[PDB]
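Section: structure with basmisanil.
Residue numbers start from 1 in every chain, and the chains themselves are labelled A, B, ... in the order their sequence lines are given, proteins ahead of strands. First listed ligand is number 1; within each ligand, the first listed atom is number 1.
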Amino acid sequence: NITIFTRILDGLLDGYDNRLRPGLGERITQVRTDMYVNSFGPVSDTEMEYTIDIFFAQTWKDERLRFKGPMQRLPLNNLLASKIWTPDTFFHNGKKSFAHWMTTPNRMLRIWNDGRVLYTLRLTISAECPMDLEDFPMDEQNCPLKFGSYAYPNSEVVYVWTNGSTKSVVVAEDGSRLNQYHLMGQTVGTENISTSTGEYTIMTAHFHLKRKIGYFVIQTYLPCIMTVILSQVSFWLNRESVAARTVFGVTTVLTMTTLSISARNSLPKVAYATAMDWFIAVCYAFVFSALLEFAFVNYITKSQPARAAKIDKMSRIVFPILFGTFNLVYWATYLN
Amino acid sequence: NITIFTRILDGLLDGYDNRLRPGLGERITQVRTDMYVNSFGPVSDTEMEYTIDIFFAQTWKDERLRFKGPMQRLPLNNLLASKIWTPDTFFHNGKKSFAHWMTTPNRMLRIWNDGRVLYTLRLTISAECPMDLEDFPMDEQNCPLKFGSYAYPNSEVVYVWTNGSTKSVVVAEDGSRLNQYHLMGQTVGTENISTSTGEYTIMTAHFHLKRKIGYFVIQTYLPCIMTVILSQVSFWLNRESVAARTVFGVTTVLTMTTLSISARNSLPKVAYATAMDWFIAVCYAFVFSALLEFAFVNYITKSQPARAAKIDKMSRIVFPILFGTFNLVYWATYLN
Amino acid sequence: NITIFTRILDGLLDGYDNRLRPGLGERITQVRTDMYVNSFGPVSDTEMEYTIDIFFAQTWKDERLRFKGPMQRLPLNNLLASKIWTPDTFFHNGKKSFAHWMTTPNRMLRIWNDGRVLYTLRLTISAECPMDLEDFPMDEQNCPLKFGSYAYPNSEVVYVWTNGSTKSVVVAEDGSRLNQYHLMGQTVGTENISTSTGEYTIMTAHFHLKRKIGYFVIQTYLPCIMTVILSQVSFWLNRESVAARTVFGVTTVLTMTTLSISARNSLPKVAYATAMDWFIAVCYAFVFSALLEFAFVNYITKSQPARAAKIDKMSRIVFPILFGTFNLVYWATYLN
Amino acid sequence: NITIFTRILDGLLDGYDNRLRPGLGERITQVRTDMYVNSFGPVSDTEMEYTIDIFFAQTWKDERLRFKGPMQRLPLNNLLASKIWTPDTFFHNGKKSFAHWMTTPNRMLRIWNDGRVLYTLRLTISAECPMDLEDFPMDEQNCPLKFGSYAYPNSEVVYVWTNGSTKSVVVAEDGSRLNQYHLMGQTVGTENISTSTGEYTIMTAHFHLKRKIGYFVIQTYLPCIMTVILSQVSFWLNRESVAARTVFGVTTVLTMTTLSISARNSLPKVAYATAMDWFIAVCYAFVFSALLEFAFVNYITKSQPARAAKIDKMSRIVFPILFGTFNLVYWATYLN
Amino acid sequence: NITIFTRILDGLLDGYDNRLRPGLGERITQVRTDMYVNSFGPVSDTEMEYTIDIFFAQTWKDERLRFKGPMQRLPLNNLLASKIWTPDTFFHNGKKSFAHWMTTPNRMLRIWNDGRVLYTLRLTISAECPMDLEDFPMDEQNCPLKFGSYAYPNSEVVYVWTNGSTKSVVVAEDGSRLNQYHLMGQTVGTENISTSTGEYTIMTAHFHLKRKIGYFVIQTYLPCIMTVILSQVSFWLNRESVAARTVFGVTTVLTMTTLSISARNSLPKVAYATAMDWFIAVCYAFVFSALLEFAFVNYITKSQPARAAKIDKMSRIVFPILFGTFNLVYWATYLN
Ligand SMILES: Cc1onc(-c2ccc(F)cc2)c1COc1ccc(C(=O)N2CCS(=O)(=O)CC2)cn1
Ligand SMILES: Cc1onc(-c2ccc(F)cc2)c1COc1ccc(C(=O)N2CCS(=O)(=O)CC2)cn1
Ligand SMILES: Cc1onc(-c2ccc(F)cc2)c1COc1ccc(C(=O)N2CCS(=O)(=O)CC2)cn1
Ligand SMILES: Cc1onc(-c2ccc(F)cc2)c1COc1ccc(C(=O)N2CCS(=O)(=O)CC2)cn1
Ligand SMILES: Cc1onc(-c2ccc(F)cc2)c1COc1ccc(C(=O)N2CCS(=O)(=O)CC2)cn1
Ligand SMILES: *[C@@H]1O[C@H](CO)[C@@H](O)[C@H](O)[C@H]1NC(C)=O
Ligand SMILES: *[C@@H]1O[C@H](CO)[C@@H](O)[C@H](O)[C@H]1NC(C)=O
Ligand SMILES: *[C@@H]1O[C@H](CO)[C@@H](O)[C@H](O)[C@H]1NC(C)=O
Ligand SMILES: *[C@@H]1O[C@H](CO)[C@@H](O)[C@H](O)[C@H]1NC(C)=O
Ligand SMILES: *[C@@H]1O[C@H](CO)[C@@H](O)[C@H](O)[C@H]1NC(C)=O
């Protein structure tokens with residue numbers, strides 16, 4: 001009773017050329033693509049790449065695979081995949097893509113009576129996601145995923161998403177978990193590209209990433225904020241304590257300097273200033289300005305002591321207000 | 001006398017199709033799985049992955065492999081594995097799995113007269129273990145291991161553990177050794193998942209991890225604890241020693257700042273506060289508060305010296321008690 | 001209607017030897033090469049290598065592949081690539097080159113009636129780009145890309161660019177994006193090399209890189225500049241404040257020392273001085289010189305106080321002017 | 001005259017089944033193993049693994065390979081290795097093992113008239129070496145190397161070392177060179193293991209490693225020792241110099257704190273204290289105790305100056321003696 | 001006219017056994033080896049390995065490949081390489097060697113009428129270069145490159161360099177470029193090794209490396225030199241400035257301590273002292289000695305001030321002279 005299936009498979013492969021696409025010279029091959037994201041891999045800001053594991057599925061029609069039998073479907077595995085024609089789908093932005101081969105090559109092949117073919121493949125794509133870190137860390141990124149045929153132009157093979165956008169791309173509930181990003185949603189699109197080898201249709205999927213803040217607050221902002229407050233303590237010490245107030249200014253200035261270096265160690269070596277850089281720069285000004293106030297005060301503490309006390313007394317109020325005021329503008333500007 | 005074995009193997013492969021599962025269109029294929037963990041690989045908290053080396057064994061029934069001979073069993077190797085049908089088992093959460101091929105592909109194949117087949121394979125799985133580091137380092141993790149068929153739905157292939165849970169999964173005595181985790185135990189479960197390609201049965205194995213503390217005590221807590229004690233020494237110095245007490249406060253505050261940065265370098269860049277972070281924050285408050293006490297004392301050391309001495313004298317007792325009291329609450333809360 | 005294509009392909013391969021180049025012993029095989037750079041990978045200054053992803057295309061004439069049919073072209077895939085002769089093109093400067101195999105080997109093969117063959121391949125080349133970091137970071141680099149035949153000398157196989165230089169090499173608009181380099185343009189050239197195995201023609205492509213400054217300004221120059229300004233503040237303090245002015249000089253000198261170490265951590269370990277190194281060295285002299293001025297002033301503050309005040313007063317003006325003057329010369333020299 | 005060899009090889013493979021072990025169902029296959037260690041690779045303490053490159057040789061008897069000819073031996077290469085039966089030897093503790101394939105697969109095959117077979121293979125094994133770092137760096141490690149059959153139990157295949165232990169395992173004179181270990185010697189053993197798949201014989205080789213000290217002396221101990229001596233200098237300064245003695249105590253305490261952090265950066269993150277940790281802890285006590293002495297002295301320098309001088313004078317002698325005494329006990333205890 | 005070549009190749013392979021070396025049982029196979037180093041890869045001091053890319057060429061005589069035709073030579077590619085016998089050459093010291101496969105396997109095969117065969121292969125060898133870092137950084141290294149047959153002893157296969165030493169090994173002009181080494185020259189040698197499997201001839205190539213200094217001068221020596229000079233500035237300050245001179249001594253001592261730690265971070269963790277270590281140790285003595293001078297001076301500044309001034313005045317001259325004198329001896333000793 002099982003030998004019947006063997007006869008069907010042998011019959012289909014008989015007089016079958018896998019080097020020729022279905023409907024060659026008669027029509028245009030149409031491929032339906034659906035994607036399921038098992039896990040949205042880590043996003044490497046330094047390398048401008050993001051890893052992703054998906055179950056890529058393609059569907060098309062091949063009249064050469066029509067068959068008649070008790071079962072309307074023929075579940076199979078990778079063994080028969082190489083014996084038939086499959087699209088040469090590839091990822092344009094994929095810097096390095098590898099498959100999964102354990103325990104068995106993770107591929108599926110199903111065939112219906114009408115000749116419809118389902119080809120499912122598991123992939124891990126290390127794609128490239130260029131980013132504009134001008135509003136970092138209050139930045140939103142749109143990492144794309146482009147794929148299409150390598151050898152068959154639009155005139156021969158066309159890719160189209162199946163059903164609506166929601167069914168076209170699906171992300172696992174636990175897969176969309178990252179340490180420094182929120183997966184707001186996904187979008188799908190298409191576009192034709194003209195090349196020296198002809199026109200090709202491109203299927204594009206974009207993932208909306210909203211960076212989650214809180215790591216940089218504990219790592220960069222808070223040390224900068226508390227460092228500024230530490231400098232302002234010098235305003236409450238007597239002028240004659242030259243050495244004491246010198247330690248506050250010098251130590252704080254160096255502390256802010258190393259924080260800027262440390263902050264950008266993890267950040268990509270971009271040749272432009274970010275929002276965090278401006279915040280550090282302003283904080284650097286406050287600590288440096290406090291030291292200048294002490295130097296100016298200590299320079300005139302003899303000739304005109306009266307103004308020296310007023311400046312020191314006034315500075316106790318002005319500096320905290322300006323720094324507090326700056327934060328409201330800074331946070332409101334980038335959080336709105 | 002040895003040629004008889006050759007005839008049996010040749011006979012079994014004659015008229016044998018490896019593209020068809022046993023009992024196709026007649027019943028549901030049942031697979032029994034047993035796992036032995038040779039060594040529980042390192043757990044990468046930063047990458048939320050854990051490596052594991054196992055001897056994965058699958059058992060099923062294939063009536064096409066029945067034979068009669070002097071021996072009831074036919075020990076073999078990987079040579080015949082590709083000549084017969086094997087399940088397309090794969091790991092859903094396996095980010096990257098590779099086999100061992102030296103000296104010979106580490107696979108075993110045994111066949112009995114009744115047609116029962118044993119297929120053993122050695123694997124190294126780099127699975128993903130999402131973690132909730134809210135109670136870190138007093139956190140317990142449950143790293144799973146999910147596997148199942150890729151192409152054969154529940155209606156065709158079903159996986160079930162063999163014997164009891166203890167025999168189903170086994171961990172070597174020396175294998176369960178990690179630098180920062182205790183392998184409390186293992187659990188096994190099953191569940192059906194509905195997909196666009198049909199329903200699939202999933203075999204799940206969970207490993208209970210109890211983080212072992214002592215590295216962070218020597219690396220993070222103790223430096224923080226001793227740093228706080230160092231700051232409190234300033235309370236025992238005379239007020240007029242402005243520079244001396246300034247060094248204690250400034251140096252300690254910066255020391256705590258760098259400890260927080262250093263502590264999170266190894267820790268994953270999670271966007272939320274951990275138990276260790278709160279401990280550091282409280283320790284930061286004590287050192288910062290001590291400096292504020294000195295500044296306040298030095299500010300009123302002229303107008304009202306009487307209160308200045310009382311505050312300094314009182315602070316010698318209050319600060320150690322509060323810090324000691326906090327530790328009891330902190331340790332008891334997270335250790336109970 | 002589709003079986004006709006099968007007959008053509010079978011006919012071409014009949015009596016076809018892929019071990020022999022077309023026109024062997026009758027003429028010289030001519031290959032036309034065109035390159036499209038999908039993305040100019042990162043440039044590793046430390047390893048003197050740059051990654052690049054290209055769609056390498058080769059065109060040549062093979063009279064053995066002539067055919068007659070309704071279609072003037074035969075789009076195909078990698079399946080037939082191994083069944084015919086292709087040039088043994090390789091990259092001389094490619095330290096490690098790997099192909100892309102997912103979902104299908106990214107190769108294309110097209111054949112015309114006249115026998116013209118188009119062979120397109122996707123590659124990721126980790127080539128070597130030696131650099132002369134004498135004007136770093138104001139340095140311009142010319143990273144080459146050399147390729148040619150491995151076994152067929154100039155007398156048998158010759159490579160020539162197709163059409164003009166612009167069409168010969170093309171770079172994607174978004175591909176030419178780097179964090180620390182600007183892709184000014186590309187150039188193409190040729191040259192014959194004499195070897196023990198014969199003369200070979202070499203096709204060379206050079207990419208002009210103009211390093212973009214701004215990361216080192218925020219990371220190295222500014223901390224050095226502000227550190228120097230910090231030292232000059234000591235000139236505005238009274239001489240009797242020995243400890244206060246000592247902190248400025250000592251802290252600044254050490255700060256500059258660690259900046260030099262930190263700056264070269266990312267920079268390659270080249271055994272010669274760069275422009276940035278000279279800038280740091282000069283900045284180190286200013287901070288060190290300021291400390292020497294204080295030591296000299298403090299040494300003569302008793303015997304001849306009159307000159308001590310003049311030196312301290314004069315130093316307040318001389319030092320800022322010289323440092324400001326140096327920057328104009330430094331920046332103008334390397335930016336012109 | 002050379003065609004005779006071709007006939008012999010063709011004859012042996014005729015009617016030969018590589019899926020069946022020699023002497024199947026008639027006796028037990030006996031395998032003789034000899035190992036030569038070309039180079040003992042680096043030992044990764046952090047990953048608890050050690051690399052090793054060996055020329056693994058196996059010898060066994062196969063009556064099916066008997067032949068008669070002018071030559072008593074048939075040197076060969078990897079070409080015939082896959083055409084005959086070879087044991088499925090694998091390394092139980094090998095986390096990742098790979099072969100060498102350049103220029104040609106590094107394998108040898110020799111056959112004698114009697115049917116004896118020699119199979120030599122070159123391997124690079126990244127095995128796991130669990131370590132007990134309780135006496136670190138005065139610790140001795142015993143890294144094992146376990147291998148055996150994967151599919152053939154003890155009842156079918158048995159491994160035994162050839163000749164004595166010295167000939168069984170050999171290490172190259174220059175191979176046994178490590179930066180932080182001495183290869184004292186090697187030992188070989190055997191043991192039977194019972195599994196669900198049957199009993200298997202295990203061949204075990206242990207390498208005795210004696211860690212060589214001198215890097216940690218220059219990196220950890222000496223900075224700690226000199227730091228303690230630096231703190232004791234404060235005892236020779238006058239009490240009224242409050243700021244001066246404060247710098248010694250504060251700087252030394254922080255210096256010891258960072259040394260402990262730095263020391264464990266390279267060391268594995270083990271959750272227990274090592275001998276080096278105790279040495280650092282004691283050194284931390286001395287520096288911290290010195291600061292406490294100054295604080296206590298400065299606290300009573302007014303009411304009872306007489307005792308203050310005695311304590312400071314006495315401390316100059318007590319502290320060096322105790323620290324010197326501790327070293328003798330510490331070094332003697334762990335070096336004996 | 002091209003079919004003639006096909007007949008020749010088919011004829012040669014007819015009745016050809018690739019498992020047998022040429023001249024088997026009749027003479028000894030002689031192989032001529034020539035090497036061209038395209039680029040001398042980076043030298044990893046930490047891992048004691050150096051990468052190298054070469055075009056390895058082997059020449060030998062095979063009477064079975066004699067042919068008659070219009071052309072005296074048959075240029076070919078890797079396609080025919082596997083169809084004939086090639087030596088099993090391998091690198092004894094090669095820890096990991098991989099080939100280049102893009103665009104086509106980089107191999108060449110040429111055959112003459114007499115039967116002479118040329119086999120050229122491109123390789124990237126990560127060999128091991130043990131080093132004696134006793135004179136580091138004034139050290140000269142001799143990195144070898146050993147290769148020979150794996151299965152064919154000296155009695156069957158013998159390797160000999162072709163022509164003179166200069167032609168035997170060739171290094172590209174631009175290939176011999178390293179950041180911290182000078183490629184002085186190359187030497188070639190031979191030697192027979194006795195093994196359990198027989199005697200084998202070994203072809204050895206040594207590369208003379210002269211480390212180029214200048215990176216460590218800017219990274220280690222200069223900071224140490226300037227740090228010592230900074231300490232000597234304390235001798236020019238008044239004794240009563242206890243805090244001021246304390247900062248110089250304490251800061252300098254710690255600065256030297258961290259420099260030693262930083263210097264060895266890149267250096268391999270060798271368990272012995274290098275020349276740089278001695279230089280740092282001496283520099284550490286000068287800074288530490290200066291602090292001791294201040295402590296001794298401050299201890300006797302009351303009882304016998306006269307000697308205190310003399311010591312401080314004398315130290316201003318003695319210390320610079322000794323440090324300057326030491327450098328001349330140090331540099332002359334290791335540079336001569
Ligand atoms: C020389 C060559 O030979 N065969 C091909 C080729 C063409 C199309 C294929 F599908 C496969 C291969 C080529 C390159 O031709 C291209 C390809 C893409 C684009 C293009 O528009 N983009 C670059 C990729 S992208 O950034 O994803 C979107 C923008 C421009 N020219
Ligand atoms: C597009 C597509 O084509 N073939 C498949 C497919 C289905 C089942 C297979 F066994 C193999 C392949 C798919 C994806 O369909 C899925 C798969 C799993 C889940 C699911 O429930 N989970 C995701 C994996 S998980 O996190 O381990 C548990 C939760 C949801 N949809
Ligand atoms: C021993 C050997 O056997 N077959 C070959 C060989 C020759 C040419 C091939 F195309 C392939 C292989 C060799 C090396 O012969 C060479 C090769 C290149 C150069 C040369 O001029 N350069 C080195 C590469 S480069 O830096 O890109 C440009 C400068 C000098 N000698
Ligand atoms: C489920 C399964 O299926 N086939 C096998 C299997 C058995 C023996 C083989 F030689 C190959 C494969 C298994 C695991 O069975 C084992 C294996 C080893 C040990 C054991 O005693 N140790 C673990 C490895 S160890 O740490 O080196 C020494 C201690 C215990 N149970
Ligand atoms: C057990 C075994 O079975 N077949 C072999 C074998 C022998 C020779 C081969 F050419 C290939 C394989 C072996 C090891 O036998 C050896 C090999 C080399 C040396 C030796 O003298 N040295 C080690 C390599 S070295 O450091 O480069 C120079 C010093 C000593 N014994
Ligand atoms: C691509 O080409 C097809 C040709 O039928 C056309 O229908 C489609 O609208 C084109 N897509 C775009 C985005 O222009
Ligand atoms: C999965 O489906 C099978 C169908 O027989 C059922 O017996 C089993 O209970 C299901 N498992 C779960 C967890 O629902
Ligand atoms: C290389 O050789 C060919 C031989 O025809 C010659 O035409 C060409 O000019 C040569 N190229 C160079 C750069 O000399
Ligand atoms: C292993 O089993 C064999 C069976 O013959 C026995 O001879 C040998 O002593 C056993 N080894 C050990 C260590 O028990
Ligand atoms: C190696 O053996 C051969 C045998 O002919 C001999 O000629 C040669 O001199 C030997 N080489 C050395 C270095 O002893």
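Location of basmisanil, all copies: ligands 1, 2, 3, 4 and 5. The chain forming the most contacts with basmisanil (ligand 5) in this entry appears in UniProt as Gamma-aminobutyric acid receptor subunit alpha-5. By chain letter, those with a heavy atom nearer than 4.0 Å to basmisanil (ligand 5) are D, E. By chain and number, the binding site of basmisanil (ligand 5) (heavy atoms under 4.0 Å) reads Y36(D), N38(D), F55(D), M108(D), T120(D), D174(D), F90(E), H92(E), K146(E), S149(E), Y150(E), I193(E), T195(E), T197(E), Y200(E). Applying the 4.0 Å criterion to heavy atoms of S149(E) picks out, from basmisanil (ligand 5), the atoms 10 (F).
Organism for chain E, as given in the entry: Homo sapiens.
If you number the atoms of basmisanil (ligand 5) from 1 as listed, the ones under 4.0 Å from a heavy atom of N38(D) come out as 23 (C), 24 (C), 25 (S), 26 (O).
Shown in contact with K146(E) at under 4.0 Å from a heavy atom are these atoms of basmisanil (ligand 5), numbered in order with element: 27 (O). Those atoms of basmisanil (ligand 5) that come under 4.0 Å of a heavy atom in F90(E), given as number and element, are 10 (F), 11 (C). Within a 4.0 Å radius of atom 29 (C) of basmisanil (ligand 5), the protein contributes no heavy atom. Summary of contacts: the protein heavy atom closest to atom 13 (C) of basmisanil (ligand 5) is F55(D) CB, 3.8 Å.
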